[PDB]
Amino acid sequence: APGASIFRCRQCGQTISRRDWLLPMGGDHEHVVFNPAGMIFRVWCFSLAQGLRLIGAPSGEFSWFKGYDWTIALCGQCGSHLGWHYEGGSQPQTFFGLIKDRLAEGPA
Ligand SMILES: O=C1CC[C@H](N2C(=O)c3ccccc3C2=O)C(=O)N1
Ligand SMILES: [Zn+2]
């Protein structure tokens, strides 16, 4: 009865991802980054996520991951900012960078 296998939106409970889907980009699933407004994020990389809504068209500006363009990923239920979807790159072509403290971990 594993208690730590699925990630939900911390604000509303929307199903978002799974521990099984964690992706070591450059050899770690966890990347600590800051944006141009100086906000620091603990980003967890996932191969796959669901329950999101991707807004706008991709941008390469200020991308933390070489060769990838990003789109903002909201919770599709509550509209909370959960992270970004990355695309346009290589091996893999796409992935999700989700903000760890915006997710709640728990049983399947
Ligand atoms: O890889 C990424 C994802 C998007 C992220 N991003 C933000 O967090 C942001 C906030 C305000 C202005 C501009 C940005 C921007 O590029 C960022 O800086 N890099
Ligand atoms: Zn939500």
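Following the PDB entry, chain A residues are numbered 16-123, in order. First listed ligand is number 1; within each ligand, the first listed atom is number 1. We read in the header that X-ray crystallography, 1.7 Å was used to get this structure.
- The chain sharing the greatest contact count with ligand 1 is, according to the PDB entry, Cereblon isoform 4.
- The name given to the drug at ligand 1 is S-thalidomide.
- Residues of other chains with a heavy atom under 4.0 Å from S-thalidomide: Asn50, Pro51, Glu76, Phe77, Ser78, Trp79, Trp85, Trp99, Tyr101.
- Proximity to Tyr101 (heavy-atom distance under 4.0 Å) selects the following atoms of S-thalidomide: 1 (O), 2 (C), 3 (C).
- S-thalidomide has no N or O atom lying under 3.5 Å from any N or O atom of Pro51, backbone or side chain.
- Scanning the protein for heavy atoms near atom 16 (O) of S-thalidomide, the closest one is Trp85 CZ2, 3.3 Å.
- Among protein heavy atoms, the minimum distance from atom 6 (N) of S-thalidomide is reached at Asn50 CB, 4.2 Å.
- The source field of the entry for chain A reads Magnetospirillum gryphiswaldense.
- Looking from atom 19 (N) of S-thalidomide to the surrounding protein, the closest heavy atom is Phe77 O, 2.9 Å.
- For atom 17 (C) of S-thalidomide, the closest non-hydrogen atom of the protein is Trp79 CZ2, 3.4 Å.
- Here's the thing with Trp99: none of its N/O atoms is less than 3.5 angstrom from an N/O atom of S-thalidomide.
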With the criterion set at N/O pairs under 3.5 Å, what does the list of contacts between the protein and S-thalidomide look like, atom names and distances included?
from	atom 1	to	atom 2	distance (Å)
S-thalidomide	1 (O)	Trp79	N	3.0
S-thalidomide	1 (O)	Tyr101	OH	2.8
S-thalidomide	8 (O)	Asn50	ND2	2.9
S-thalidomide	19 (N)	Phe77	O	2.9

